[PDB]
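This entry carries fluorescein.
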Amino acid sequence: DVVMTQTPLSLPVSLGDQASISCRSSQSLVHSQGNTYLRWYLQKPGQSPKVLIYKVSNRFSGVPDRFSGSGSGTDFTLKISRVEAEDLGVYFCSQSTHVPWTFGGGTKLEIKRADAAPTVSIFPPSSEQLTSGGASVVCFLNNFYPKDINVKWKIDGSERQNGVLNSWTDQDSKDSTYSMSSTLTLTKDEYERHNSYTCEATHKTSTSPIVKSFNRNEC
Amino acid sequence: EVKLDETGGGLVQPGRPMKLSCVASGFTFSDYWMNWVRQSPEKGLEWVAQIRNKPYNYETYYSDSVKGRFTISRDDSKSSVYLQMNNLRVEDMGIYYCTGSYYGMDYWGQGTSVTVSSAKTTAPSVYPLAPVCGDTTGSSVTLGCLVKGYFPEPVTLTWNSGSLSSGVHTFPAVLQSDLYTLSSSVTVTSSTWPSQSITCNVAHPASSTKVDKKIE
Ligand SMILES: O=C(O)c1ccccc1-c1c2ccc(=O)cc-2oc2cc(O)ccc12
C-alpha cells in the first residue's frame, strides 16, 4: 500500500479565508498512461464522500470554482481560495495509481472561533441504577474550543478504571463549540466500595487540570 | 446523471455471511471498473474489492483486509455488482460503499450500513441525572439523561418541562461491548426553571419501548 498522508488533520479557518490541505505519498502516483492517479474527496455529514478533483488537475462537474488541485508526483495540494461554509467537511486525498488504492486520514474543515473552556459537570449513580446492581457516574465538559481535551477518572484519589464510555459531538450551527460526555460504569459492589469520585480533564485553555468531584459519603 | 446503489445490509452475527448488492444505472456498467470501499463509523475510508471488465478479463483483486474471505463480482445491464462477506468478522463493520470508475473519475454510493454482533434486540435502561454535587447547578443547571444497554441503534431522546430556551447537547451513541449507550443534557436556568420542571423522554421504535425519566 502507498502511505498517503495529509497535513493538517484539522483546519480552523473562517468563511472568507482560504486553505491549502496537504496530501503527500509513498512514491509518485505517476502511472504510465493516464498517469497521475490521485483524487480529492469532500465528505459532509451522514453523507457519501463526493470527489472534487481527479488526476490532480481535473476538477469534476459542479465542483465549485473556489476549488483547485496542485501537485506533482509525490506531492499534492488542494486549495479553497475562500471557504463558504458549504465547504465544511472532511477532505481526503485518494490514489488510484498504486493498488491497493488509498484514502488519507482526511483533514477536517472547521470554523475557527474563540468561545471556550468546558463546563465540567458531574453526576452520581441513580437510585434505580444502584437498585439495578449497576453504577455509572457521569461527567460532561460542555461547550469547549479548541476541540482537544482529555478526560480522566479518579477513585479514592488514585484510580484509572477501564469502564469509560467517551462520546463526543462537533458543532456545526451557532457557537462553533464541541462537547464531551464521559461515563464510568462499575458494579453496585465497587460503587459502595469507594466514596471519592473524580473527573479530571486537561485542556488548551487549561494550564492546570480541570476537575470535578463528589463523595459517596459527601458532595 | 449517474447512480450507484448499495442494496441490502444490516445485522449479522460474528461469523459467516451477508452478500451485498450494488447497482449502477447511468453508464455502460459493462465497460467500467467497479468496487467496494468502507469506513466503519469510528473508521476511515479503506478499500475493499475491485473487479474490471471485458478488456481486462474482469480482473478481480480483493484487499488483504478481506482478500480470500470477501468477494466482489458483477452482472452487466441494470448492472449489479456484489460483495460477499460470507465470513463477517465484526471489525468489518461500517458503511460499505459501491463505486464506479472510468478514465480518471468516479462516483460513489450513498452506501449500505453493516453492523455485526451476537447481541440481541434488547432495550435500554434509562436514568435521570440530576444536578447533584455541582455549582453551575445553582446559577445554570445542567441535567443529563443516561440511556443504556439498549440495542439496536435507533433510540430517540427528547426533552421537556421547566419552560424555555435551553442548551441540549445529546451525544452520538456508542457501542459498549455488545449494546449501545447514550446521554443527553440541558443547561437550563438556576431554580427559575428548576422550580418549574423538566422531563427526559426516550423511546425505541427498534422494538421494546419508549420510557420517560423525570428530573426529581
Ligand atoms: O485511466 C484509464 O485509462 C481508465 C479508463 C477507464 C477505466 C479505468 C481506467 C483506469 C486504469 C486503466 C488502466 C490501468 O493500468 C490503470 C488504471 O487505473 C485507473 C485508476 C482509476 O482510479 C480510474 C481508472 C483507471
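Chain lettering follows the listing: the opening sequence line is A, and each later line takes the next letter. Chain A is numbered as in the PDB entry; shown residues: 1-219, in order. Numbering of chain B is taken from the PDB entry, so the residues present carry the numbers 1-216, in order. Below, all heavy atoms of this structure are taken into account, side chains as well, without hydrogens, waters or symmetry copies. For ligands, and for the atoms within them, numbers begin at 1 and follow the listed sequence.
Structurally, the main neighbour of fluorescein is the chain that the PDB entry identifies as IGG2A-kappa 4-4-20 FAB (heavy chain).
Other chains with one or more heavy atoms under 4.0 Å from any atom of fluorescein: A, B. The PDB entry assigns chain A the name IGG2A-kappa 4-4-20 FAB (light chain). Within 4.0 Å of fluorescein, judged by non-hydrogen atoms, the site holds A:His31, A:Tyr37, A:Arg39, A:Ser96, A:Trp101, B:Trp33, B:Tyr56, B:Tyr102, B:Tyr103.
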